[PDB]
Amino acid sequence: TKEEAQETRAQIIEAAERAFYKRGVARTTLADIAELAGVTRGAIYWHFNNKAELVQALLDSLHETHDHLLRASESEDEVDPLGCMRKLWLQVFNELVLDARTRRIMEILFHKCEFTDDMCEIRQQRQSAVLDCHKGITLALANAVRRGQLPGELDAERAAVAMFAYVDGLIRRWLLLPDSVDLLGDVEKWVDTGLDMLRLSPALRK
Amino acid sequence: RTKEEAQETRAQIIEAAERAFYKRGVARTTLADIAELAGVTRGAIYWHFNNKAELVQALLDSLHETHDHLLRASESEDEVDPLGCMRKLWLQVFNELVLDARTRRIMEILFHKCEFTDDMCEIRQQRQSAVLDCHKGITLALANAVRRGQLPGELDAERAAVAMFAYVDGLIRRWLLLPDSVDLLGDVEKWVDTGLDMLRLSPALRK
Ligand SMILES: O=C1CC[C@@]2(O)[C@@H]3Cc4ccc(O)c5c4[C@]2(CCN3CC2CC2)[C@@H]1O5
Ligand SMILES: O=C1CC[C@@]2(O)[C@@H]3Cc4ccc(O)c5c4[C@]2(CCN3CC2CC2)[C@@H]1O5
Ligand SMILES: O=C1CC[C@@]2(O)[C@@H]3Cc4ccc(O)c5c4[C@]2(CCN3CC2CC2)[C@@H]1O5
Ligand SMILES: O=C1CC[C@@]2(O)[C@@H]3Cc4ccc(O)c5c4[C@]2(CCN3CC2CC2)[C@@H]1O5
Ligand SMILES: [Mg+2]
Ligand SMILES: [Mg+2]
């Protein structure tokens, strides 16, 4: 049955989040996740080959809320690629602080997920996700340069690395020390600080 | 002598813990495993460390020594060029990461092979303490540079410290995950200056 299968996969993913958040990925097994989800008869193995597929599902689930702002910032036909990128990072930070699911998937991926040789797909799939995002940020920065919103001589690739590094570090800083960063109250200041680096730093120019 | 032999054995244990944590991760590695790798008895390893968290803290603490003279130079009110010492500090941070196998392996362990779990809550708390401490230091050096006129007078030192640390921390982990994406050694001056340019030119980082 169609709906029941998606029914069950969502139960498993939701239970996987609870299990990974409590006990970490390394020591959690699929059998333990099936126990939390209330699924039996090997159902979990029909939806996932291994834990890495479950981790990838959680990582893929983050790309959904922002799909439209990603598309807009990457499109050559977009009139305001820089403004759309600003709206994107504003949404990324807002969802992190406001959404329990997002914050806790990211906490799982960043602080409860080990890169090991017996589970090499986790690091490899993290490399691919970061690389994919870098391509998107680089392309959106190149659209802003062409629109006259960023320096004509900007090194879009290095500026994409710089922006990602800043956003990445800020998120992890808020996850580790929520009290230290009023990410929600000053979200615009935090987004503009990184954008300002791309706009003004002479080091980021070719 | 007792002291010399114990310090010798402690170093063997720490070195073997790096090899064990790096290969199998912190969560599934036991002190018994580390003892076998280090070639010491289980009683020996348990004399030096009560649990796995204490060993992780040992690695986490060793990172502070190499930079200890440059962070205190930028932190000193009497430093004539605090902004300059900060630049040399971050240059040295990135230089050691790329050149030093040990520092790279430890940071890879701490950032990518060590889970925050209720089963070992000391890990997260020690990371919280280390970041909070570094934040204070960075805030000191930024206020000195502002007072010395090297940074904007109306700069929010607290937020600027956060932003600089976020950039450096994010860059480190990007190079750890994708080394060929960041020539962190040949362009090290560019990568440091990019973040310093952020604190010095961003109108958002001002009150
Ligand atoms: O972080 C890292 C960095 C180093 C490694 O990347 C590489 C291969 C690999 C593959 C998958 C992993 O999860 C993982 C590794 C690591 C295990 C050891 N290797 C080194 C050998 C390819 C040369 C580890 O953890
Ligand atoms: O791999 C990835 C894929 C997607 C992301 O790259 C970006 C921003 C970001 C910044 C730092 C991370 O460690 C991290 C992310 C990710 C979290 C959220 N995303 C924003 C864009 C997907 C909308 C994640 O994990
Ligand atoms: O990131 C975090 C933030 C939240 C927690 O900090 C605290 C206690 C704790 C202790 C050690 C951890 O490794 C760890 C946690 C967390 C697990 C449970 N929480 C208790 C409070 C959320 C109710 C987690 O991961
Ligand atoms: O990546 C890094 C590189 C530099 C540090 O490693 C060391 C000590 C430390 C300990 C735990 C961290 O999470 C952390 C750090 C860092 C914070 C402070 N440092 C001292 C070195 C700046 C002189 C940071 O972030
Ligand atoms: Mg979402
Ligand atoms: Mg050192």
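Just so it is clear: chains get the letters A, B, ... in the order the sequence lines come, proteins before strands, and each one is counted from 1. Side-chain atoms are counted along with the backbone in the values below, which use heavy atoms only and exclude waters and symmetry mates. One-based numbering, in listed order, for ligands and for the atoms of each. Method reported for this entry: X-ray crystallography, 2.1 Å.
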I'd love to know the name of the drug at ligand 1. naltrexone
If you rank chains by how many heavy-atom contacts each makes with naltrexone (ligand 1), which has the most, and what name does UniProt give it? HTH-type transcriptional regulator TtgR
Counting non-hydrogen atoms only, which other chains lie under 4.0 Å from naltrexone (ligand 1)? A, B
Does atom 21 (C) of naltrexone (ligand 1) have a protein non-hydrogen atom under 4.0 Å from it? no
Is atom 4 (C) of naltrexone (ligand 1) close to the protein, meaning a heavy atom under 4.0 Å from it? yes
For naltrexone (ligand 1), does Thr116(A) get within less than 4.0 Å through its side chain, its backbone, both, or neither, judged by non-hydrogen atoms? backbone
Heavy-atom protein contact below 4.0 Å for atom 7 (C) of naltrexone (ligand 1): no
Can you list the atoms of naltrexone (ligand 1) that are under 4.0 Å from a heavy atom of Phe115(A)? 13 (O), 25 (O)
With a heavy-atom distance limit of 4.0 Å, tell me whether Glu108(B) approaches naltrexone (ligand 1) through its side chain, its backbone, both, or neither. side chain
How close does the nearest protein non-hydrogen atom get to atom 14 (C) of naltrexone (ligand 1), and which residue and atom is it? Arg123(A) CD, 3.7 Å
Please state which protein non-hydrogen atom is closest to atom 18 (C) of naltrexone (ligand 1) and give its distance, to 0.1 Å? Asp117(A) OD2, 4.0 Å
Just to be sure I read this right, does naltrexone (ligand 1) sit under 4.0 Å from the backbone of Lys113(B), its side chain, both, or neither, counting only heavy atoms? side chain
Name the option, out of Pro179(B), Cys120(A), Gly25(B), that contains the heavy atom nearest to atom 11 (C) of naltrexone (ligand 1). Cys120(A)
Nitrogen or oxygen of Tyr22(B) less than 3.5 angstrom from that of naltrexone (ligand 1): no
Is at least one protein non-hydrogen atom found at under 4.0 angstrom from atom 24 (C) of naltrexone (ligand 1)? yes
Protein contact for atom 16 (C) of naltrexone (ligand 1) (heavy atom, distance under 4.0 Å): no
Identify the binding-site residues of naltrexone (ligand 1) using a heavy-atom cut-off of 4.0 Å. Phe115(A), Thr116(A), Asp117(A), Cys120(A), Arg123(A), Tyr22(B), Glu108(B), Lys113(B)
Give every pair made of an N or O atom of naltrexone (ligand 1) and a protein N or O atom lying under 3.5 Å apart, one pair per line with both atom names and the distance to 0.1 Å, or write 'none'.
residue, atom, partner, partner atom, Å
naltrexone (ligand 1), 1 (O), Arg123(A), NE, 3.3
naltrexone (ligand 1), 1 (O), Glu108(B), OE2, 2.5
naltrexone (ligand 1), 6 (O), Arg123(A), NH1, 2.9
naltrexone (ligand 1), 13 (O), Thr116(A), N, 3.1
naltrexone (ligand 1), 13 (O), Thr116(A), O, 3.0
naltrexone (ligand 1), 25 (O), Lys113(B), NZ, 3.0

